Novice: 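There's a structure below that I have some questions on.
Order of the sequence lines fixes the chain letters, A, B, ..., with proteins taken first and strands second; residue numbering starts at 1 for each chain. Any value given below was found using the heavy atoms of this structure, including those in side chains, with hydrogens, waters and symmetry copies removed. Only a part of the entry is shown; contacts are counted within it. Every number for a ligand or one of its atoms is a count from 1 in the order of the listing.
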Amino acid sequence: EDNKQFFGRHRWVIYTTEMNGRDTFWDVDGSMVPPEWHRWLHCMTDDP
Amino acid sequence: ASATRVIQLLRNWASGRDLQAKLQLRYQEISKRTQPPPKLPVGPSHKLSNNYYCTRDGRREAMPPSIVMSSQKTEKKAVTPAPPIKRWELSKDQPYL
Amino acid sequence: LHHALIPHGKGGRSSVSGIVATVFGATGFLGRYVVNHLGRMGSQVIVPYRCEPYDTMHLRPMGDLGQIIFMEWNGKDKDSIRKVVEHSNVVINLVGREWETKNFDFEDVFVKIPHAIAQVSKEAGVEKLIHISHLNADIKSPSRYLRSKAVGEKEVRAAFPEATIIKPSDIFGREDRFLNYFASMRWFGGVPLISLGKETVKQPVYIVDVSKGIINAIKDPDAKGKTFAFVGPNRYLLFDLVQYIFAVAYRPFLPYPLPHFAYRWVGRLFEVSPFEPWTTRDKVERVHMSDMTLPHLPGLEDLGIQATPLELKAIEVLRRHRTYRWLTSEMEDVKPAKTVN
Amino acid sequence: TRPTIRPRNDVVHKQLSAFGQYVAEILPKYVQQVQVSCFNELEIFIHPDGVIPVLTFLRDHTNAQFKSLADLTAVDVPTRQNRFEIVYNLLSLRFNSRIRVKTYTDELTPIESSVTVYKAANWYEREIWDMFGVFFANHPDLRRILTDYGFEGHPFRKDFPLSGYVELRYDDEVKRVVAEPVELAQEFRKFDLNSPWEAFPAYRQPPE
Amino acid sequence: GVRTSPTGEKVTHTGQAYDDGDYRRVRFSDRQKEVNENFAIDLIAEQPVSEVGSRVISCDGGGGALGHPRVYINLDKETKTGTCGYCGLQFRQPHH
Amino acid sequence: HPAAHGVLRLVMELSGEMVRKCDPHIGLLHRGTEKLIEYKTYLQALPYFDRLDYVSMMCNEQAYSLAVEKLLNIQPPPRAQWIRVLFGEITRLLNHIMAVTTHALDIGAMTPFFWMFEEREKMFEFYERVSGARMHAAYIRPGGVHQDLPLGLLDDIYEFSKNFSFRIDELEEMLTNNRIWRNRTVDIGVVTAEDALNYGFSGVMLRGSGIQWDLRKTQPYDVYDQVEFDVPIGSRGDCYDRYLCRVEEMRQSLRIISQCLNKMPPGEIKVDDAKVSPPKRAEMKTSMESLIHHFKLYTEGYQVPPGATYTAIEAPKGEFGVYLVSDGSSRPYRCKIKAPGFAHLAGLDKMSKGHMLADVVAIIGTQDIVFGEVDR
Amino acid sequence: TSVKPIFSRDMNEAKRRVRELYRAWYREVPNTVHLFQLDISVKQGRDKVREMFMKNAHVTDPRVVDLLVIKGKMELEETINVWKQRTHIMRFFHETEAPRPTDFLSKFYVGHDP
Amino acid sequence: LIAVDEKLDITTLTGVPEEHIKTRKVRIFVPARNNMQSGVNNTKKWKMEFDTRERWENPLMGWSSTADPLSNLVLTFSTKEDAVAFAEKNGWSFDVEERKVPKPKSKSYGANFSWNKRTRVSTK
Amino acid sequence: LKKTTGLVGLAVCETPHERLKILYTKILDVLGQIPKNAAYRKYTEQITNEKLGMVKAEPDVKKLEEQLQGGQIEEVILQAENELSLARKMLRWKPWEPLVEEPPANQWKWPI
Amino acid sequence: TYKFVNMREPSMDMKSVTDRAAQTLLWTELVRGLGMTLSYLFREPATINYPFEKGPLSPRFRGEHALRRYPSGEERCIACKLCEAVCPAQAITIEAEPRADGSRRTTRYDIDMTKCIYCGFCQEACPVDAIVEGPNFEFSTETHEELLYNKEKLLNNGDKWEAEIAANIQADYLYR
Ligand SMILES: CCCCCCCCCCCCCCCCC[C@@H](O)O[C@H](CO[C@H](O)CCCCCCCCCCCCCCC)COP(=O)(O)OCC[N+](C)(C)C
Ligand SMILES: CCCCCCCC/C=C\CCCCCCCC(=O)OC[C@H](COP(=O)(O)OCCN)OC(=O)CCCCCCC/C=C\CCCCCCCC
Ligand SMILES: NC(=O)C1=CN([C@@H]2O[C@H](COP(=O)(O)OP(=O)(O)OC[C@H]3O[C@@H](n4cnc5c(N)ncnc54)[C@H](OP(=O)(O)O)[C@@H]3O)[C@@H](O)[C@H]2O)C=CC1
Ligand SMILES: CN(C)C(=N)NC(=N)N
Ligand code: SF4
Ligand code: SF4
Ligand SMILES: [Zn+2]
């Protein structure tokens, strides 16, 4: 998180290099995040 | 935001308007995503007395349309659907662009 | 019959025809037509594919939701064959290539694969097996294609005694080889023919007629272990047939006699292409060979299908090969070719 | 102050009633009935052949300058002998008012086209024809506007099924889109919603 | 707990399981059958029984406005526990 | 065609590049909205209006709600009416942004398109906050609105309105006095006042032609009579005058938005009549009568007294009207939708006399046709 | 009396209108085949026009005849202006419909249809 | 300007297929009162509904499919004569059932306490 | 005097009063061929005489527009021409005759 | 009130005539447009770095559907069919029967996501907050069939998104 960026880009995520059994070094999906961090990233709330 | 002082002046003279005065991006000036609980009002018909649905029944006050004239059944002045509409007044805030 | 196999509806796209068919080699001409007919009926279709899934995209709109299921199979993999034929009561065999590749030959694609499919189909207890052979299936034909076709037909009959073996003569249609091969000889100057094509007699059969015969063979109760010969109504000499093809395509026709050994050498040259060859020696042999007459075998009229003449459907195929000058020309302009009856 | 109930406008009701009496007196040959709904909407029911005279009067009269054709539709009522009910909505900008004119017709009886009075009537009557089947006699170009080319039947009739009779799909055999009889994967589930208890006694129909 | 059909196919909590001779099992080949492991009946049976000393009790599912509409259970039948049917919760008077 | 606004088969008879006749073929987006409305309940017919003019969604919803409330003889609460007006003006800003930017894109300019569509993205954020859907809110319902505003929506709307006049000025700096745009849009598709009135044009078309007529000023609805704004009037009746009128309408909509933000009243957001609007969740889960009314409203719906009405509003594209006929049941008997673009596209042939292909594209842009509402 | 006729009043003039429409369609099949690049013959097109005309041979009401010829003229003018595509012209032929049997035994075999 | 003696027929204009014109036998009737409720507001207007056709189960999702376009079509008419006229002019077959109106019943509260008759009630 | 009327296609008329008088006189002449008992004739003749009185009484254009309450003078002239055309058509139509035909038994009943 | 958008006549003094002539020859307004475009170039872009940055949403957002449970684990749905009756698109199919313990539950609960219009009427008509429109919106598919959810799929979605769904319900339910 970086509050100095404009709203929309003030929270970002770097995805894991390996999830379950897929090698996600390059192919990263927008739904890999768990539901709680998904909510925090989409800014439905304020507390992580 | 974050911009070089040279770039700020370059944009300001190129655009002709102070861009930093009204930025197009949101920087912490928006409302917090988490807000305190609200309390909506109840309404006018949440009284516990003198409140019978008979006296506030909107649907039941509708009536079949009035039959002005049906074929089955001095000098009157000619009439109009309504008095003629008044001429619009020219705007005082900005009469001409 | 199982409760889920009882027919229902008015035979539409969303109906239930009670047919569960595994269509081997459905990613082709006859395969796509048969799959389209089954989907139009409203049947359960299983399409085993070994190519890219992109090459099987045109089969998706041919059936309703949950009717077309795509599975991956290998030709020499009995486990995959069993996996794809486990839950189907009809198995249709259309696997075949006109050329020999590095991994698969005429023996492999016409004897080993059909026999394996028939053997595994019997193990899974499928009710009906349909197998496509060729009309000129001779045990000692000059063409290894026809030799392997006959050997594989015998092997399939041995493995699955309750089979229906279809023997079409020659398929002509939009994606066919026959008319396109004959009409693609514009580029190579003239048209080479063996003995000017005066010794070869052919009666091609329409693709839609073949597909409808395959479909009705499934629904026919007393065609369980039979052999059918699908041929057209009119027999044409090869020279007259090629002349009519070029007349309908509105292209200059310059036929010349090419000796058999020279034609064999030319076919040998054209089969070195790593991709799909334009022509091969066995293709030349099949073109030269006349269509055998087998009156004792049943046919389309016996199944319940009236044969479609070439003249009616020759313009669907050959209109693409015309130029802008003759694109708008009608079908009635070109007179029908002379027949041999 | 009765916040739930909508307010009423006696003055506008009286004005509309007076104007309805006025138009009925002016045009007694065609005007059969005049009604004023409780929400101040004047409504005139006339003979079908009076469309052109009544509309021309309401458009060009000095005391009724209804120069804008708001809408033109039809209502299918199967029980009535003249099922189709042509409805004209007119707007008078000079007097800031609206009016409605209603005529009746059936499948075979033609209604005179009002394109010579209002130009929007061109497309509005094309839509009416394409949707219901009402034929307009003198029309510059009468043909389908909304339905598919070669579509059979008029969709907005109350006797026309919701899903139609045919559907479309692509048939690889003929390399073109084909039309086949409709066959839904899931049938439209019709709901019986009407309660068996009378809601509004004010609209109770006499048992004769 | 998910139960296994005689054909090895997982059985849902509503008793759904394709027959051995049903062709529709072909759709699960090279794919999976979507079955949730948790069973509501098993979980609610594992839940205990509340014991309150009143003939009439109220259940709203817990949470207030976030639960089910509040209903009243009459615990006069001593041979069985009164079960709020919105949430399937049992109540019973103390026998002691 | 990219300039066909998605679905329009314009059969043009060109003589070189001039236009001899235009025969617009519509119905490529005809679904059967009126038939489906006949088969659906009053509550279930609202999203159909939400999808008619998919650029003025709150405006279509407001028109339908006004029709149903007039038939029901009820009155929405003042706070609900003020929220309706505020979101109607926000939707008008959205629609005018879309129209001007699409017209500029058809002409050949795209930077204003991108800027004003970023602004549209912010307004869609407002929509998603208030309702939960970015485009099709289904928020305005007969008897009021669905839910009350969140506790920061007014502040964020104030910020957006404060930072939008500069965007309008930037848009004007690129097209208003540009000679290329002036040549493209001046004296193109001139329509006289009498022709516009007869052909049934409404809204910006009439104002450009010079007609001093606005529904919000002449037949006020909701609390539009309680706000002050100016109605732009054209002088020449061409594309340039209509563009100027639309920009000035954007500015006046900003005025109305400011007035609504300053004058927002407190109270409930739907009619206090549980036989028309469903009760709150707490009342439904604690009160027997409230639960019964919730059940009946969401299963059968509310009955509407028999009768026919025609209500019209000043939607951003013109006069949007609904002619609703009820037979006393819970589902409408008939519903005719008078879209503003229908008459305009009917009159497209007249406006394109003597013009060329580019001028025809410009005339389509200035007519601002949405084929969802055109075809219904 | 007092019944408004759409056109042509009595039946003879309606038959005249029918013959005019049939002539107009007959002199259009070759153009339809040429323009749309149909695979059918001109004779097949004329036969189909004759069939579509003959399926209303039992009409005895002049107003219905007038409405039928009006709709036929609309469809004719749609074909000339190439507003229709090859799709609709071939929809006139039902080239993909399965043959529904009309005998009682086959109808009993296939399903519950009357 | 013609006579009106001849029957009206709009089958050739409605666009309905010949199958659904010839093989359809609609039913004209006043709907039976829902026996679960004592309201009679749904027994006022005549109805016209079509014969039930085949419904099967979808191979996927097990939904109920249909091939009858007019399965859900129910028309409401003010009177039997109007319903019959509409059916005749649209060419369908029809079967008409007359209205079943309850006969008057003589109710008396005093009969619940009869001196000698059997109508006396044993409980309230 | 005014440069433009503010309406496209509505040209400024340099002789308002003469045109208004001529149009109203023509309208009154047309109304003389309509039967005396006709309800249409009395109303339009009354309103025309009321409007023809104002033009003959006020020479000022702006005050005339204010008193007529029908918009600008060009709009008034257009309304007069439309009224003249309507009067001619009505003389052709003759709608003062009795009703052509009553509707069927229950034609306008609703709901039904 | 009304205003004239374009009714301002130009002046005719020599200074203004020369200024207009200079504008006609020397493309002053064109240079002004260039300057505006250059300023927008030198500004900062408003593009987020998807998928590493997600756009803002609200607790009222309506996305993928789900079926919830009570904290005890029991299903919330009681097969009241209000969602089925109120669904505008008729995308919900419900079939029920008494359970082994007599509970009123569902045997078939199907939502056709290709037929749903995502309007939220089902979650507002649910008397026990069983069916909800969860926050998930990225559930695209390569095949049509997988977009026909059933009871098992909806229960799996509810179990996966239970925490976020509960948080959204807590944040929003006071407005309902
Ligand atoms: C005249 C000769 C021909 C001229 C025209 C052709 C010139 C070709 C020159 C070489 C082109 C370079 C291409 C290689 C770029 C690979 C970049 C790297 O990222 O590839 C990744 C790995 O991809 C594959 O593993 C390999 C890609 C191709 C690698 C090179 C292939 C062989 C190159 C030499 C072939 C022979 C060249 C001579 C004949 C043409 C794919 O990343 P991706 O997953 O998507 O991104 C996910 C989304 N992110 C960004 C958010 C993370
Ligand atoms: C090295 C490269 C330099 C690049 C310069 C970039 C300039 C800015 C780039 C943006 C311009 C690109 C878009 C321009 C397209 C439109 C331009 C344009 O229209 O100009 C034409 C415009 C006229 O068109 P309209 O006004 O529209 O006519 C209709 C009137 N209603 O003006 C012109 O004709 C331009 C002519 C050049 C002006 C020359 C003036 C100089 C004359 C004085 C020289 C005197 C020399 C001799 C005197 C010596 C005395 C001792
Ligand atoms: N058309 C003709 O000239 C006539 C053909 N026949 C016979 O009818 C059948 C169908 O003919 P047709 O459609 O023209 O042929 P195609 O070449 O067009 O189709 C053959 C099909 O079999 C598949 N296939 C080929 N080789 C293998 C392999 N080694 N393993 C697995 N699958 C394979 C292909 O799939 P993929 O693309 O994935 O390799 C393709 O789907 C053949 O048996 C043919 O002999 C009979 C008479 C005339
Ligand atoms: C789809 N809509 C509304 C468009 N304007 N489209 C377009 N391509 N310009
Ligand atoms: S969101 Fe609306 S359309 Fe979708 S399932 Fe729920 S009620 Fe039906
Ligand atoms: S509204 Fe809720 S409780 Fe009722 S059937 Fe639907 S999901 Fe179940
Ligand atoms: Zn409980």
Novice: Please tell me which drug sits at ligand 4.
Specialist: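 It's recorded as metformin.
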Novice: Which polymer chain sits in most contact with metformin, and what is its name in the PDB entry?
Specialist: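 Most heavy-atom pairs belong to NADH dehydrogenase [ubiquinone] iron-sulfur protein 2, mitochondrial.
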Novice: Which neighbouring chains have any non-hydrogen atom closer than 4.0 Å to metformin?
Specialist: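 By heavy atom, the other chains are F.
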Novice: Which residues form the binding site of metformin when counting heavy atoms under 4.0 Å?
Specialist: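 With heavy atoms under 4.0 Å, it is F:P2, F:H5, F:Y54, F:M98.
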